[PDB]
Student: 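Lab note: tasisulam/DDB1- and CUL4-associated factor 15 complex loaded, questions to follow.
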Amino acid sequence: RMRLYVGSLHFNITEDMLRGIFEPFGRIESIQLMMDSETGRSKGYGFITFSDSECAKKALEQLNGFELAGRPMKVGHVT
Amino acid sequence: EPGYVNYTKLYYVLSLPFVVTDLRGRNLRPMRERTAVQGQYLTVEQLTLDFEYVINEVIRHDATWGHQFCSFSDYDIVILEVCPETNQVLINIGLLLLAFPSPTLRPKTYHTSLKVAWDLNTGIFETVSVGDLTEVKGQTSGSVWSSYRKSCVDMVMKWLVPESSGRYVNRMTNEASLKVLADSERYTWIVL
Amino acid sequence: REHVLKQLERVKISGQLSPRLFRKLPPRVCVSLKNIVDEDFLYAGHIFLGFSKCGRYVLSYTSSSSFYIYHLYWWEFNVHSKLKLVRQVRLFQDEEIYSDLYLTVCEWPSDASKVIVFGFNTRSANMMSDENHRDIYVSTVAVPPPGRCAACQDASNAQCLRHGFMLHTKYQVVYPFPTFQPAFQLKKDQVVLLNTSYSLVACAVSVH
Amino acid sequence: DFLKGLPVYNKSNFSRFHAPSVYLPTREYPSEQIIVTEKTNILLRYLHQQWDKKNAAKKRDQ
Amino acid sequence: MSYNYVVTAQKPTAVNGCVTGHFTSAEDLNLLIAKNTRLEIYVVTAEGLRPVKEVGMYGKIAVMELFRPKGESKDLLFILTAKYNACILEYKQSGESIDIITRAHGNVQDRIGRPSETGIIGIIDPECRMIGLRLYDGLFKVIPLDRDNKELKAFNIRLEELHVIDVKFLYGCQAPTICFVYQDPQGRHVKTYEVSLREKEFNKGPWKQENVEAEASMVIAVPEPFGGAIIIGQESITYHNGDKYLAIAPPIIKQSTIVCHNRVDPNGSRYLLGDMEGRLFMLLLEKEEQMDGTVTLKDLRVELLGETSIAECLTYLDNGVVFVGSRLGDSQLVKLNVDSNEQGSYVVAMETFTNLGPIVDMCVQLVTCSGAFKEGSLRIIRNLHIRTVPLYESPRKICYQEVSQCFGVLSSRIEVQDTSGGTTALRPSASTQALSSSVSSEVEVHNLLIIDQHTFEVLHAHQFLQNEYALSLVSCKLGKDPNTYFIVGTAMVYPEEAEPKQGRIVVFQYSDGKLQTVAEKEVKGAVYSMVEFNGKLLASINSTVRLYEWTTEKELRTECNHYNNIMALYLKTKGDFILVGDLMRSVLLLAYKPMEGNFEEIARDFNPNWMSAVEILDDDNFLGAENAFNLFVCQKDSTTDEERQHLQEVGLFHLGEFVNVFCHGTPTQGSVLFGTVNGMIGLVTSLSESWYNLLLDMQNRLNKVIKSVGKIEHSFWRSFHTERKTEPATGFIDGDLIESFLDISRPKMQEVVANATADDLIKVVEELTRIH
Ligand SMILES: O=C(NS(=O)(=O)c1ccc(Br)s1)c1ccc(Cl)cc1Cl
Ligand SMILES: [Zn+2]
């Protein structure tokens with residue numbers, strides 16, 4: 001029922017890493033980390049879709065602007 | 001010999017439960033019996049490591065705050081390194097616990113980290129690091145596990161050394177989504 | 001940008017030919033899936049996963065249906081030529097799955113004889129969706145023989161134990177749900193490390 | 001302009017103007033020292049190193 | 001089953017390294033030269049370079065450094081091979097007896113870790129506290145130099161800077177200190193770290209990290225009293241030492257990249273610099289004596305000395321004599337003098353040492369396309385007599401046309417974009433100095449050269465189109481046409497795109513001292529390889545192998561195609577069979593079906609191999625040479641269609657050379673000659689089961705008697721090796737090792753042949769020496 005935008009990520013941060021960091025907040029329906037077709041590597045951005053809206057809200061409150069590796073993560077909303 | 005380790009070995013011919021089969025569906029033959037000469041046989045092995053035993057052993061003998069400890073709740077285990085040449089598994093143990101504070105009483109909920117090296121030849125673990133007791137004030141269960149895994153991620157990235165082309169763990173997964181299927185070493189793409 | 005012919009010239013005079021030089025140049029061959037796929041497998045709905053470490057095979061899976069049935073396929077690749085099915089296996093034998101799994105197929109660093117399929121559901125069931133519990137399904141499948149196998153030749157799709165076995169397992173995990181760490185879990189050449197929430201199991205499968 | 005006064009190890013060496021045999025080691029083997037590499041992982045070595053120093057910092061007070 | 005014998009006809013001639021020091025005696029000034037597997041030891045004598053001994057190592061020499069730890073009467077030698085065999089050697093002479101002692105040895109390979117871009121770097125601390133090795137990205141290996149211990153326990157330190165360009169140990173340091181240039185997304189930088197043996201870690205370096213030039217490629221550690229480091233870039237030269245920072249941007253260096261250096265003065269006042277164009281400079285460090293006794297660097301100055309062969313390395317010897325170690329041309333001894341000649345040069349050549357490498361193509365007497373750029377030549381080799389034909393441009397491909405009594409040579413010359421019009425040549429060469437010339441109806445200008453078979457005079461030069469690269473060449477007769485033609489395969493190379501999408505097949509006829517265009521055929525890619533095939537023209541265009549028919553109308557008409565390739569770079573045929581070599585996808589066998597007028601894919605080698613050259617030994621055995629310096633033999637699987645469609649690797653052997661060309665030209669059967677990048681010439685031949693078996697038993701016996709320098713096992717050396725796998729050599733006999741039986745003493749021969757007589761094997765080995 002709720003989708004978030006995750007950005008400003010380190011190029012080596014995997015989907016499995018994102019799942020591990022975001023999953024403790026609530027049940028996740030789908031995670032899609034955007035990849036480069038040419039020179040196969042992460043684009044630094046993606047979308048995490050929580051089953052619950054209040055669970056997605058707490059994930060944003062606790063992860064937005066906080067450093068994962070050394071790059072401060074940018075967690076936001078959509079549409 | 002130690003109580004924290006459990007080893008099981010099973011042989012096959014034409015603790016976790018295993019439904020070892022052929023490519024059709026026959027469950028083969030679960031045994032340990034004699035089949036003289038290396039005449040094609042399967043060998044499954046299972047070396048287990050009880051986290052709850054490890055946690056209790058490291059709090060008891062290797063934590064300075066060990067006397068303050070009451071009980072632990074949830075625990076999250078993240079692998080930090082795997083050394084295949086020395087057969088050693090470096091695990092980090094994230095922990096929610098109950099303990100009394102410094103003599104400055106009242107019992108409180110805390111969070112800590114336990115690094116432990118697990119030998120696969122011996123089955124014996126050895127503690128390599130015991131974290132300081134950090135208080136959990138007004139932060140949720142999800143908030144503490146997110147911060148813990150972020151710290152593991154932080155550490156493994158920091159110690160990440162490039163591997164040779166051919167010691168890589170191939171990981172394949174498609175959602176229903178991939179645009180191309182690439183064959184890296186031969187510069188060939190399948191466009192989906 | 002460096003021209004492929006300029007890069008090739010350097011090779012002949014230096015004797016230094018490596019992929020970590022052709023790193024920044026475009027793919028030499030692009031083939032569309034639709035032009036290499038067999039039309040008889042249209043009404044099957046395969047989900048292609050990619051290439052094996054050696055560019056010989058291209059793998060795919062099937063999520064056929066109340067219960068779900070999973071199948072892993074090995075397709076022989078030859079650039080523009082149509083794909084030829086080599087192996088079709090039934091994943092998670094005698095296991096009833098009531099929800100679509102997010103499956104991943106992995107390969108060991110130097111062991112080319114086997115592959116590992118990790119499938120898991122978003123959340124477990126007890127028909128009704130049960131929180132605070134999750135199902136992990138893992139299968140170890142033997143890859144097809146590379147060449148002429150003397151033990152395989154003995155038949156009465158009969159394949160020897162070394163080049164024709166399958167292993168299945170399933171475990172329930174609790175909160176916080178363990179992290180999927182495929183690079184570390186399979187760092188040791190014949191072992192899978194499985195975090196069952198309560199213990200870490202070192203699982204070795206080997207044919208002698 | 002600034003070339004003159006080049007190193008002279010011996011004046012004789014190139015004064016006389018100009019224009020090898022293969023070494024097959026015979027059965028004789030005198031050697032006493034080997035080169036070996038650190039078996040243990042560098043992350044583990046560091047953590048072991050820090051934890052062992054922390055144990056020494058505990059023995060000094062106790 | 002396939003049994004082969006490999007032997008050296010000509011040892012590698014390219015020089016990869018040279019060092020000076022006092023190895024043979026504390027008094028002798030030695031020159032040590034590394035020619036791949038070869039180590040040449042010389043004494044700088046009154047006559048100039050006295051050869052003492054040449055030792056063949058069972059490895060490719062990657063590090064060669066002299067060092068003198070305290071307590072040694074003379075320098076010891078550190079050698080690291082390409083397969084990571086590390087050793088410390090001591091020279092010992094007892095009257096007339098000469099012996100090379102292995103003081104310490106071991107393999108320093110890490111299972112993890114990926115080989116670095118700028119390769120193996122081996123450095124030794126000025127105070128001999130340790131050896132430093134940069135073998136892989138992210139790791140720095142340290143071998144402690146301690147004499148009072150059973151083993152030298154080497155360890156790795158993590159390096160945050162994963163892309164290091166060059167590194168050196170600094171002089172005048174209380175703690176061992178490394179100075180290096182590294183690359184990150186923010187550019188290139190220079191950093192220092194102190195190395196702690198006690199803590200097995202790096203500590204903060206003496207001086208501040210500094211940003212450097214984007215193309216900063218080498219570090220020079222300046223000795224005392226200066227200390228500090230010099231970093232050489234494409235446009236600048238800087239000096240760094242704590243608070244001190246000097247920078248010069250001389251326009252003289254801008255045109256060509258500096259690729260080697262050598263300290264002239266022991267105090268580092270003067271350095272020799274060699275660039276890609278063969279230019280020789282002198283870097284001058286002007287000093288200033290301080291009142292407190294110390295000496296500081298006041299300024300840097302660069303002066304152009306003249307031209308030498310394109311130098312891979314330089315070593316100042318004595319009395320203004322410098323050794324020029326060349327990889328792409330002939331090595332030299334040059335004299336530096338204060339007064340300039342007629343052209344204004346201060347560099348005068350004293351001697352020239354023949355270098356055949358790189359052998360890019362060859363003919364069978366042997367005729368090679370040797371060297372590169374201004375060093376480009378032809379070399380005519382016979383029973384060894386070597387004739388060299390200078391071209392002053394890059395030869396690419398060679399073909400002989402008997403009926404025209406000449407050779408067809410493809411060549412490329414460098415031209416520069418000037419103020420007015422198009423481009424102009426910087427130096428006269430074969431393509432610009434021909435008897436007559438024609439044209440088709442920095443930058444590479446490609447030409448087809450017609451060179452006289454007797455005088456080797458450039459009779460005619462045909463210049464190809466603007467941006468047109470000539471890739472393949474053949475001389476043959478096609479169809480029922482009586483004429484013999486020179487056929488050229490081309491590609492259009494533009495400074496906008498990466499891959500060729502356009503090319504041509506051009507049919508030329510040489511008559512009355514001129515080249516006439518008979519026919520042109522447009523292709524949609526690069527014509528990589530062309531072979532005459534049963535009166536038809538077999539050509540490979542990008543990823544397609546195509547068969548063309550020559551019509552009575554003098555036109556090429558496409559007959560059939562094979563599209564299952566990645567980069568079909570190499571073609572070889574025997575009968576109706578075609579052996580296709582791929583740059584990335586190993587080898588494959590095709591068959592032309594006369595009845596069907598098409599190709600049939602017979603079998604492929606499913607192994608991952610990055611090919612350099614291919615050859616057909618016979619109807620059932622196919623020879624391959626790959627990027628990892630190994631040879632392998634493929635054979636058709638001897639019940640099911642799929643079983644026959646699989647080529648089996650039955651022969652494996654680590655050659656230790658990069659093969660660019662294979663060509664054909666009772667104990668052994670067949671004769672395949674091969675030309676390498678290091679100018680080594682080898683020979684491959686087939687053996688019967690029983691000949692192989694006897695020679696294999698001989699090798700195992702010889703290995704128990706013949707000792708190795710650095711104690712590297714012969715079996716380890718010849719083991720097939722790639723980043724993916726390591727396997728023992730199979731179905732291959734080392735002819736060099738078996739031939740060495742004739743050089744061992746008679747009492748040692750009897751111990752080799754112990755339970756056959758020595759004279760039985762002497763007669764066997766002697767007839768084997770007659771194959772080359
Ligand atoms: O280890 C992870 N994934 S992995 O594929 O095994 C891998 C190992 C090393 C690298 Br680099 S990637 C992973 C996953 C989730 C979390 Cl929370 C943390 C991590 Cl550290
Ligand atoms: Zn089999």
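Chain identifiers are assigned alphabetically (A, B, ...) following the order of the sequence lines, protein sequences preceding nucleic acid strands; residue numbering begins at 1 within each chain. One-based numbering, in listed order, for ligands and for the atoms of each. What's counted below: heavy atoms across the whole structure, side chains too, no hydrogens, waters or symmetry copies. The header says X-ray crystallography, 2.9 Å.
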Student: Specify every chain or ligand assigned to tasisulam.
Tutor: ligand 1
Student: Any idea which other chains come under 4.0 Å from tasisulam, counting heavy atoms?
Tutor: A, B, C
Student: How does the deposit identify chain A by name?
Tutor: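 In the entry it goes by RNA-binding protein 39.
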Student: Which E7820 binders in chain C, per UniProt, sit with a heavy atom less than 4.0 Å away from tasisulam?
Tutor: C:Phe180, C:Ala183, C:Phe184
Student: With a cut-off of 4.0 Å on heavy-atom distances, which residues and nucleotides contact tasisulam?
Tutor: A:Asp16, A:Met17, B:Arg149, B:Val153, B:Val156, B:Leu160, C:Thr179, C:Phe180, C:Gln181, C:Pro182, C:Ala183, C:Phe184
